*Asks:* 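Here's one more: a structure with reserpine in it.
Chains are named by letter, beginning with A, in the same order as the sequence lines. We number chain A the way the PDB entry does; in order, the residues shown are 19-54, 129-278, 288-483. We're sticking with the PDB entry numbering for chain B, so the shown stretch reads 19-51, 135-485, in order. Per the header: electron microscopy, 3.7 Å. Just the heavy atoms: all of them, side chains too, but no hydrogens, waters or symmetry mates, feed the values below. Every number for a ligand or one of its atoms is a count from 1 in the order of the listing.
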Amino acid sequence: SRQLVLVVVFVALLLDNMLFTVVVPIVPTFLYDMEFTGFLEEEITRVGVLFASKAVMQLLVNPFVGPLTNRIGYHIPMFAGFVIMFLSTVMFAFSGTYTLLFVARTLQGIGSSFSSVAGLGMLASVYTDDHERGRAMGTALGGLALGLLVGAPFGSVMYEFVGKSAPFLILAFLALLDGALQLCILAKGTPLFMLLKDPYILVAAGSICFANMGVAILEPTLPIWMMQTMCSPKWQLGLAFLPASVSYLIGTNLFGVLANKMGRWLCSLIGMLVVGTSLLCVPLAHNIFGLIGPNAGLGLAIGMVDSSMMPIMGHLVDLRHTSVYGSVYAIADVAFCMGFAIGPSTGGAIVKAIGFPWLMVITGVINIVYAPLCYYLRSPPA
Amino acid sequence: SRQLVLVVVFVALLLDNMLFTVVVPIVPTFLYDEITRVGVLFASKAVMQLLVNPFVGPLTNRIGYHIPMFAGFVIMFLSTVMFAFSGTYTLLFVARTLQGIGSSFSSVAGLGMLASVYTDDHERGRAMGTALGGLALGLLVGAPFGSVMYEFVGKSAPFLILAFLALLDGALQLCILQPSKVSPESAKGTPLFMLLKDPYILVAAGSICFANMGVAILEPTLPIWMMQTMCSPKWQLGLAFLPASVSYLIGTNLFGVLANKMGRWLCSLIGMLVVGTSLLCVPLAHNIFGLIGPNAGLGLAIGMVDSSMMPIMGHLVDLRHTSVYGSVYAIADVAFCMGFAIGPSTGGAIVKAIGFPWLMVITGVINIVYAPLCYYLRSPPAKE
Ligand SMILES: COC(=O)[C@H]1[C@H]2C[C@@H]3c4[nH]c5cc(OC)ccc5c4CCN3C[C@H]2C[C@@H](OC(=O)c2cc(OC)c(OC)c(OC)c2)[C@@H]1OC
Ligand SMILES: NCCc1c[nH]cn1
């Protein structure tokens, strides 16, 4: 049946993004709880590397998944992803040491890569009508956005209420439901390593990566800054990230509707500028109510950048080279993985050497400087 | 009495910038009865006003603000009467230079007087905004006045009317300010070269100078590109830059109101970014109607930057140094005059060398890259 595959891909992507969003409120609070005041400055570098682990492992593992799907079909690598995410979910709840969380994040990265590639390939293979295929991708990405929306308040809110191991056991039980649903189941062109050889696609990917880095580096160091300065309760740390998702969804909807009238490159330029301004204004708030504005602006900005830059990548891939159903997926996935691997990993050294606001100033200046480079993309030729 | 001091600066900036923009309709049509020689006349006011400014700033410390303002009145009246009668190239140069020196005197003295009378930062954030609004109104209404008077009632009429308005302004100034005695300011202000070692003053001056240079480089090179590219009639050249003036006026009053509430540094940052984006999107239009948007954005953002950076100089000089406001506003007028002088003299050479779109791209990129540096003015450290 054509449907069930849509539901299983939905649940897999939702659970993966939920795990990514839920890991952020809990790990620094877990490190605070074990010792007992901040010993965090020694921790900051240690807390980071752990977050960039999944990005680096997914980047390493992504090229190998290509021919593996061709050799042994699509159903087999999907089953491996569910098992690996189940192992990671079980390991997260029962882990007590820092070393276990590292292997948990690495396993989550491997499972995420396998599940995403296999699920998108299976969704492409099941739908052959040539028109409902786009609707399938739209529903799947909407489910991913819904998982992003739901994940952050989940772990932070239901950590101090029903204990620590609960939000990972719930994810494990949800993953088991995904396995049962998927258990009862049943044109090559221009590879990615040559697609990154033209300046237009490189500028587009760089713009996406530099827009995403502002929220990439916010995860490891924002909760620690909150407990160090603002003196907020432990259940508001994940609640503070709701604007970054709600504004992102509102922006992507409105700007996917509206960006074609006034120009895509203008949308991307304005988006990078507002990312820079929001990241500059983030470390000025002295309470949780001060993070509502800059976070919402940053989410709206990232929505503007993504919704204005994905069609540009698609048009550039179509006009010059040959394109497939998911050529844009690989190019954008390299951007997100590159950002999540470089930003959080290098941010620990910056936070240790110099203060927190200097990292935000650096990110804002980098975004504002890279913003004028989107003029290159207006009317590309060849 | 502090409300009448703002009326004097409003009238002084209204008539002084009236004679600046009234003249560009009438000069190149009279001399025809070669483009470079006509352009150098337009840069005469800015070239000499820059040099007079360093000698005018510290002079306000010793004799007060009334005497320089009366001198600017007398010089502007002499300039307009010299304009109304002379009819040669050599006699249309000294008059422009006199207009420049009078504008320098009036601007520096008026800004210093407004800063001294209005002490509160929040309350000082509106008087300078309304003064810049008066400047915007003068720049807006000068050109059509000169065009219609030259078309209908000869050439001497628009300058004679300006002379009569100048006499009215002088009578008003003698009535309100009493420029008849020399009053020395008690506080000995900091020397001017010491102020240039201040990073925050330099950043504010750089922001004002870059924004005004970006706006000023557009007027002398825009009509040439219009004729070269879209083949427009002559009558739309003046009307193309009208939205810039209107948006500048609306922005200057509205954001003089809103800068204190929303923040000076955020206002300067957003204004410089908007100026950069507008300058970047200017050279893409293919018809007259496509320039309505970018020009309006440029005017709004330039009003943003001017209204934000006017009170910041006084706030810095009050926070870190002694309380005398002549020198830093002389610096701001120097930035304005440098921006207005660099453009008209070299615009044709730059466009013939690299081209109009590259010039617009460079200006927008410079503004965007400098825009991060306004974060430094959020909270300067105070003096010991
Ligand atoms: C985390 O997991 C992700 O990495 C996703 C998000 C990354 C980032 C983010 N992380 C947060 C973590 C938080 O916790 C505290 C709070 C807020 C945020 C935000 C707000 C801002 N934000 C954007 C999120 C978007 C997701 O990507 C897509 O939706 C997408 C869209 C497409 O087009 C429609 C694609 O092409 C078809 C595509 O494939 C290449 C992917 C992206 O990858 C799956
Ligand atoms: N400070 C006013 C600069 C300007 C704007 N428009 C024309 N000139």
*Asks:* Which components of the model should be assigned to reserpine?
*Replies:*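 The answer, copies included, is ligand 1.
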*Asks:* Give, per the PDB entry, the macromolecule that holds reserpine (ligand 1) with the most contacts.
*Replies:*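 Per the PDB entry, the chief partner is Chromaffin granule amine transporter.
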*Asks:* With a 4.0 Å cut-off on heavy-atom distances, which other chains neighbour reserpine (ligand 1)?
*Replies:*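 Other chains under 4.0 Å (heavy atoms): A.
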*Asks:* Which transmembrane segments, counted from the N terminus in UniProt, of chain A have a heavy atom under 4.0 Å from reserpine (ligand 1)?
*Replies:*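 UniProt TM segments close enough by heavy atom: 1, 5, 7, 8, 10, 11.
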